[PDB]
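Structure, ethaverine included.
Chain letters run A, B, ... following the sequence lines, proteins first, then strands; residues in each count from 1. All ligand and atom numbering here is 1-based and tracks the order in the structure.
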Amino acid sequence: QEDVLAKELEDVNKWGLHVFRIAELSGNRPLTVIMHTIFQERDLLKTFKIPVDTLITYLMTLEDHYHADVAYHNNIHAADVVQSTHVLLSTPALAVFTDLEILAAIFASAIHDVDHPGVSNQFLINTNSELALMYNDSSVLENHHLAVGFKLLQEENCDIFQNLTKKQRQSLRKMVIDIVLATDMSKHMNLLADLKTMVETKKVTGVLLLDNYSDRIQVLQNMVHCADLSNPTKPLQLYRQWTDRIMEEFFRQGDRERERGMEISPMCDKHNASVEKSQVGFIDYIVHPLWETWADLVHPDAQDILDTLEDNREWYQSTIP
Amino acid sequence: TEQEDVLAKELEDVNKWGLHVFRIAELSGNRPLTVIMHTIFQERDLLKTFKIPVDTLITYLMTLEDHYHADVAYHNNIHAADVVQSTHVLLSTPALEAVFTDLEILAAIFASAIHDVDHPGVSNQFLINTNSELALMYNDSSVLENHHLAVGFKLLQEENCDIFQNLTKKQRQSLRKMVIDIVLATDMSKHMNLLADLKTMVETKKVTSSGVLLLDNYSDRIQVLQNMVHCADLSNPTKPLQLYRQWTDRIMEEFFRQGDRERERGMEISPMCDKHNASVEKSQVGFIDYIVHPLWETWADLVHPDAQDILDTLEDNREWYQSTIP
Ligand SMILES: CCOc1ccc(Cc2nccc3cc(OCC)c(OCC)cc23)cc1OCC
Ligand SMILES: CCOc1ccc(Cc2nccc3cc(OCC)c(OCC)cc23)cc1OCC
Ligand SMILES: [Mg+2]
Ligand SMILES: [Mg+2]
Ligand SMILES: [Zn+2]
Ligand SMILES: [Zn+2]
């Protein structure tokens, strides 16, 4: 078990990690064991004088604040985005980012969905939720994920940034905020349009050259956004499991919408939904346009992932009679 | 009841720039926001238009006024009533006659009332640098302005406080978005971008057959309402000098108290907050020259010449504060 886990973790730098096995192999603690192994792999514990214990105590209370009764936005999803951002950072076309910029993108991935109630922003807005009332209908979940993620650092022996300098702590906090706020799906088009102009003005050596903060944080934003939408790009046995979990969450929200008389938002109707046609449409309009633009920026480092994405699009299309 | 008759006489000037807002606060028993909002709602027939019960309106106004801190010198209920009344006058300008709907007028006035509720008397940067719970909650992004909105909307849920109870859900949805867009624009960190957009509108403004401004899209309509409440927020140097000087003494009192809290923490004292080495007169001249006059001169161009007397008072007050320096 512990040494099945040990050898499972050996592919942390591989696109297609067995995150679900690692989850059950780790006692439902995949976020803790993956974040740890990544910090040791990138040498972040020593580079930022992070006490190993304090890293454990925070990753556990951070994982506990992910809801276990939600099918998709739980600790397994947080672990999957963490590992995938870690792989996209090791892309040959980019140590383009500093050690703090790497730690910010990895830390933002771990907290990007903490305390997710399993419902969308529009649901929280239309139901007059306390969260939407607090955050004025603007990136309600993403603001909440950040607030909870930072507040847990103030708990007993969980300030993993205790020995960072004050200027590093503020620079990290600013970058983590800018990244997690970009995970709002309502900002996907603007984030992709700005990614398309970056590739239209790309300047490489061919390692890519970013000089100003607004260009580097823009790549980090699209990077974690790419890993947030990386399910259709992983192996099919992983993709299908994520599809079952996100549809189970959409149906649960659709059940809650119908028992209040609110409109059944698309892809949420129990009794009227085509899971396979929605996945093909989700790839053709969102995932593939984003991943093909990201492929052109690190051309040709993302060719394999774009191939796997096109493979799964073809397979899901074949499941449609 | 002679104090009620003096108050009713002073409330007759609510349509006029330079209302004795400090006297109204005294005559109404520290309730300027309630009586001024009630007077404006009656003046614009808002209670009948939106079926607002009078008891519900008074109950919410008192509750909203209660949540303004009485122990803060500037960002208190008097400032809220002042911004409400000054937005009310700016809405009645001739260049904007029949331009905004009753819902947009209701949104701008309501936004003015809640735009600073529960202000603790310290800036956004102070709340960010001190690792406050508010800055943690709102991730250092428009911390105060987001808090003002959340409190102003939350108080509507108290007993007999929903003044929007008879609006349609499409009306409440539209009003809520407009109020949020307006209050968020009161963040001074967005002043340069908001003024840049206002200058672009002035350079490309279109007028109608009647001579009023043509605003045929939400982006242009909300931009005018944003800058209007923003100008009302920074309206102190455009008021008669006896009112301007009182607002100056109150904001300097708030600045000095923040600098004292900045001193007791070893922090670097924010500008214009060190009560041991500060120049009140030179700061007001720089405040007018670099912020207030560029903003109000641009707004005056937008409704030329309806704001000429307001602009003349601002330039007169700038000259006076300048004359006290040599
Ligand atoms: C227009 C369609 O856009 C969207 C539609 C739905 C969503 C919702 C959404 N959020 C996060 C992850 C998601 C993963 C999913 O599949 C995993 C295999 C998924 O599968 C829909 C068929 C939808 C997902 C987000 C969208 O992004 C833009 C708002
Ligand atoms: C870009 C935004 O700039 C600024 C934003 C805020 C402030 C500080 C500030 N905040 C709110 C209200 C203020 C009212 C005042 O007086 C009324 C008579 C005032 O008087 C100068 C001391 C400063 C004020 C100062 C700024 O500019 C300094 C260069
Ligand atoms: Mg999310
Ligand atoms: Mg304010
Ligand atoms: Zn996510
Ligand atoms: Zn104000």
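- The ligands or chains attributed to ethaverine are ligands 1 and 2.
- The name UniProt gives to the main binding partner of ethaverine (ligand 1) in this structure is 3',5'-cyclic-AMP phosphodiesterase 4D.
- Lab note - other chains with heavy atoms under 4.0 Å from ethaverine (ligand 1): A.
- Given atom 10 (N) of ethaverine (ligand 1), the protein heavy atom at minimum distance is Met185(A) CG, 4.4 Å.
- The nearest heavy-atom contact from the protein to atom 16 (O) of ethaverine (ligand 1) is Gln279(A) NE2, 3.3 Å.
- Numbered from 1 in the order shown, with element, the atoms of ethaverine (ligand 1) that lie under 4.0 Å from a heavy atom of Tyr239(A) read 18 (C).
- Below 4.0 Å from some heavy atom of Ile286(A) lie the following atoms of ethaverine (ligand 1), by number and element: 2 (C), 3 (O).
- Scanning the protein heavy atoms around atom 9 (C) of ethaverine (ligand 1), the nearest turns out to be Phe250(A) CZ, 4.0 Å.
- Among all non-hydrogen protein atoms, the one lying nearest atom 11 (C) of ethaverine (ligand 1) is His73(A) NE2, 4.2 Å.
- Shown in contact with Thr243(A) at under 4.0 Å from a heavy atom are these atoms of ethaverine (ligand 1), numbered in order with element: 18 (C).
- Considering backbone and side-chain atoms together, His188(A) places no N or O closer than 3.5 Å to any N or O of ethaverine (ligand 1).
- Atom 4 (C) of ethaverine (ligand 1) has its closest protein heavy atom at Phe282(A) CE1, 4.0 Å.
- When each atom of ethaverine (ligand 1) is checked for a heavy atom of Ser278(A) under 4.0 Å away, the hits are 22 (C).
- Most of what chain A uses to contact ethaverine (ligand 1) comes from UniProt domain PDEase.
- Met267(A) CE, 3.6 Å is the protein heavy atom nearest to atom 6 (C) of ethaverine (ligand 1).
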